[PDB]
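Angiotensin-converting enzyme, soluble form in complex with perindoprilat.
Each residue takes its place number in the sequence, starting with 1. Counting convention: from 1, in listed order, for ligands and their atoms alike. Scope of the values below: all heavy atoms of this structure, side chains included, with no hydrogens, waters or symmetry mates.
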Amino acid sequence: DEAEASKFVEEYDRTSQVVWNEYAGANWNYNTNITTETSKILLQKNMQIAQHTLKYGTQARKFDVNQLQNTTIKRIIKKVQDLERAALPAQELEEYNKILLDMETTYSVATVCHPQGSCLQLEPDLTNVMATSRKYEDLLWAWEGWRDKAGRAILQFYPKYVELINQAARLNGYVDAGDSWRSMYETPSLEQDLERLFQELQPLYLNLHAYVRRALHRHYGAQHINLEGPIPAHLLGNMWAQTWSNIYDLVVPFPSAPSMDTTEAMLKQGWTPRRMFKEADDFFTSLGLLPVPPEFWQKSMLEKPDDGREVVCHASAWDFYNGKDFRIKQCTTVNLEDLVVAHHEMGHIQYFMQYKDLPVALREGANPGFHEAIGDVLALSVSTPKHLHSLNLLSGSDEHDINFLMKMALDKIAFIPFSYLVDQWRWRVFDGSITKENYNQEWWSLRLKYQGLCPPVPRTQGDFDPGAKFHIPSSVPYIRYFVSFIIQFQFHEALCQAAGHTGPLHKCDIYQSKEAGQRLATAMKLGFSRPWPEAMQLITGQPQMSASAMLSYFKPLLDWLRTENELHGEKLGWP
Ligand SMILES: *[C@@H]1O[C@H](CO[C@@H]2O[C@@H](C)[C@@H](O)[C@@H](O)[C@@H]2O)[C@@H](O[C@@H]2O[C@H](CO)[C@@H](O[C@@H]3O[C@H](CO)[C@@H](O)[C@H](O)[C@@H]3O)[C@H](O)[C@H]2NC(C)=O)[C@H](O)[C@H]1NC(C)=O
Ligand SMILES: CCC[C@H](N[C@@H](C)C(=O)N1[C@H](C(=O)O)C[C@@H]2CCCC[C@@H]21)C(=O)O
Ligand SMILES: *[C@@H]1O[C@H](CO)[C@@H](O)[C@H](O)[C@H]1NC(C)=O
Ligand SMILES: [Cl-]
Ligand SMILES: [Cl-]
Ligand SMILES: [Zn+2]
């Protein structure tokens, strides 16, 4: 009966708001204030939101969704029938919740210490080492140290996490957790679709990789860089080698065309974390999109507390499920990398605000990729030399242009293989083809195969390098970032065309375009109410994911890399 189904969705929606709001409160409090106490209230509210999920979920499963005519209702009920962890028996649920908490806590409080010297946390200290040291041995100390302290300490938890997450997936009708994660795209051809996108980025990626390898060879010496082999994973300016723009100084295409020290510019001009968020807010409002509410400025944690409070530093954006309270929790350092991060997070806030009037079951991105893409799209415009000039962080030439595209490539292109491999690994862990006997080995096998990277120190038994990357102990799916990086360029392209830009796509800055804002807004308003091809069609006027926009953006760089690599005789790739 349609009327009983409609009443159920109404009752689900009012009751979810309340319970989700409380849960979000306690999680927030833990995340911003890791103590025995907040941890206990968190584990408590876990049981509460599960009891709600189990009640409504058991109700939802009694409806034959086949017989439902209204498609919105049908879709809400189908999703409520998935209980996630709340399908587990009470004992296993308690253990699962404890395992997650323990993994996240371990990661978030790990330090790496010099004997008789000072301890370094990941943010800011170890991050700053990976970004600015140009000494092999110091990079190595930070890279190995982090894996020794974060990664190896996660290993004790991960087999049990895999068992429980998979058990929950099976109890919701999936074959394993990885199947459940992939189902969020509602795209049976996902794996194939992503593989093809990955393959189209290989020319750019291999040419980038070879040119960076050459430059590393020049700086670190021939005894440390094989010009036909993988790059050591500690030399790319980032703990995970997932983005390479911190080694821009080593790889500048045109060192004659100098570029401002944007960090020193930000610092010298008294930028603060608050200023960084306010500029993102200005950009969203310039498009005719929504401002963040006053409450956001009062409640968000935009820098690392100095008061001895221990926190989850890893930046994140929060929906409190009442349509009024949205926040960001970021340990913001004043630099360009973090400004892009602030935009990314403000993009999530903007989405929470555009879909806040949907039923809570439909308050998500069209697919998780879309959620990740919004803030990045704006940041692409922010990053342009012309925009950075207007912010007084930079001072025509082909030389400055190739330099710019290189800077962008070191972020965008370098991330393509990393973002692809993380869930290639986890999918295989979840489906049981990687056991705990070879977690680490299979990880490095994909690091090699996709990114062309090798470990600077041979791994041993007891290593679990995956555990040294946040998303792994925190159980946050990763393929969304791969989708994001592809579709963000398609969105930029479409927004630029809508805004009347002509000329090379990389020169576009959509600041203040209402036409561009209006496309984003009508897509974000759909939330999860329709298949994601419809939101794609709304923004871009076609319904597929496609690498052609990102290739078009980087085409002048591709031509330059090819000429450069050919001139030097590079052999692209590695064995
Ligand atoms: C299938 O059912 C959906 C959902 O219906 C809504 O949710 C149910 C659980 C019940 O509570 C329904 O009584 C309830 O309306 C229908 O979608 C809804 O359609 C209405 C009217 O077309 C939309 O209303 C708009 O509301 C805005 C304010 O937000 C007004 O300013 C607009 O002028 C406009 O009238 C409403 O957004 C929409 N709801 C959702 C969540 O999508 C749908 O129409 C129906 N399909 C069929 C076959 O009729
Ligand atoms: C709970 C998820 C937090 C996550 N935190 C950010 C900082 C994050 O982990 N990442 C990913 C990462 O840092 O591994 C890459 C992604 C794209 C560029 C901006 C930062 C984004 C996010 O907001 O998606
Ligand atoms: C941190 O948590 C403790 C223990 O729950 C609490 O008593 C204290 O007031 C909190 N500090 C902040 C900054 O909220
Ligand atoms: Cl690693
Ligand atoms: Cl995802
Ligand atoms: Zn994100």
*State which chains or ligands correspond to perindoprilat.*
ligand 2
_Please report whether perindoprilat has a polar contact with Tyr478, defined as an N or O pair separated by less than 3.5 Å (distance criterion only)._
yes
*Within less than 4.0 angstrom of perindoprilat, does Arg480 place any heavy atom?*
no
*Taking the non-hydrogen atoms of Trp240, is any one of them nearer than 4.0 angstrom to perindoprilat?*
no
*Which UniProt domain in chain A is home to most of the residues around perindoprilat?*
Peptidase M2 2
_Nearest-neighbour protein heavy atom for atom 2 (C) of perindoprilat, which is reported as residue plus atom name and distance_ = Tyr481 OH, 3.8 Å
*asked:* For atom 17 (C) of perindoprilat, what is the closest protein heavy atom, and at what distance to 0.1 Å?
replied: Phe485 CE1, 3.8 Å
*Return a yes/no value for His314: is any of its N or O atoms, backbone included, closer than 3.5 angstrom to an N or O of perindoprilat?*
yes
*Quick one: does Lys469 get within less than 4.0 Å of perindoprilat, heavy atoms only?*
yes
*Of all the non-hydrogen atoms in the protein, which one sits nearest to atom 12 (C) of perindoprilat, and at what distance?*
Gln242 NE2, 3.3 Å
_perindoprilat: covalent bond residue and atom_ = none
*Would you say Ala317 contacts perindoprilat, with heavy atoms under 4.0 Å as the rule?*
no
*Which residue owns the protein heavy atom closest to atom 23 (O) of perindoprilat, what's the atom, and how far is it?*
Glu345 OE2, 2.7 Å
*Looking only at N/O atoms, are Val476 and perindoprilat under 3.5 Å apart anywhere?*
no
*Has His471 got any heavy atom lying under 4.0 angstrom from an atom of perindoprilat?*
yes
*Can any other ligand or ion be found under 4.0 Å from perindoprilat?*
ligand 6 (zinc ion)
*For atom 18 (C) of perindoprilat, find the nearest protein heavy atom and state the residue, atom name and distance (0.1 Å precision).*
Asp376 OD2, 4.1 Å
*Which neighbouring residues and nucleotides define the binding site of perindoprilat at 4.0 Å (non-hydrogen atoms)?*
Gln242, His314, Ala315, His344, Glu345, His348, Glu372, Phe415, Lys469, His471, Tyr478, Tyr481, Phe485
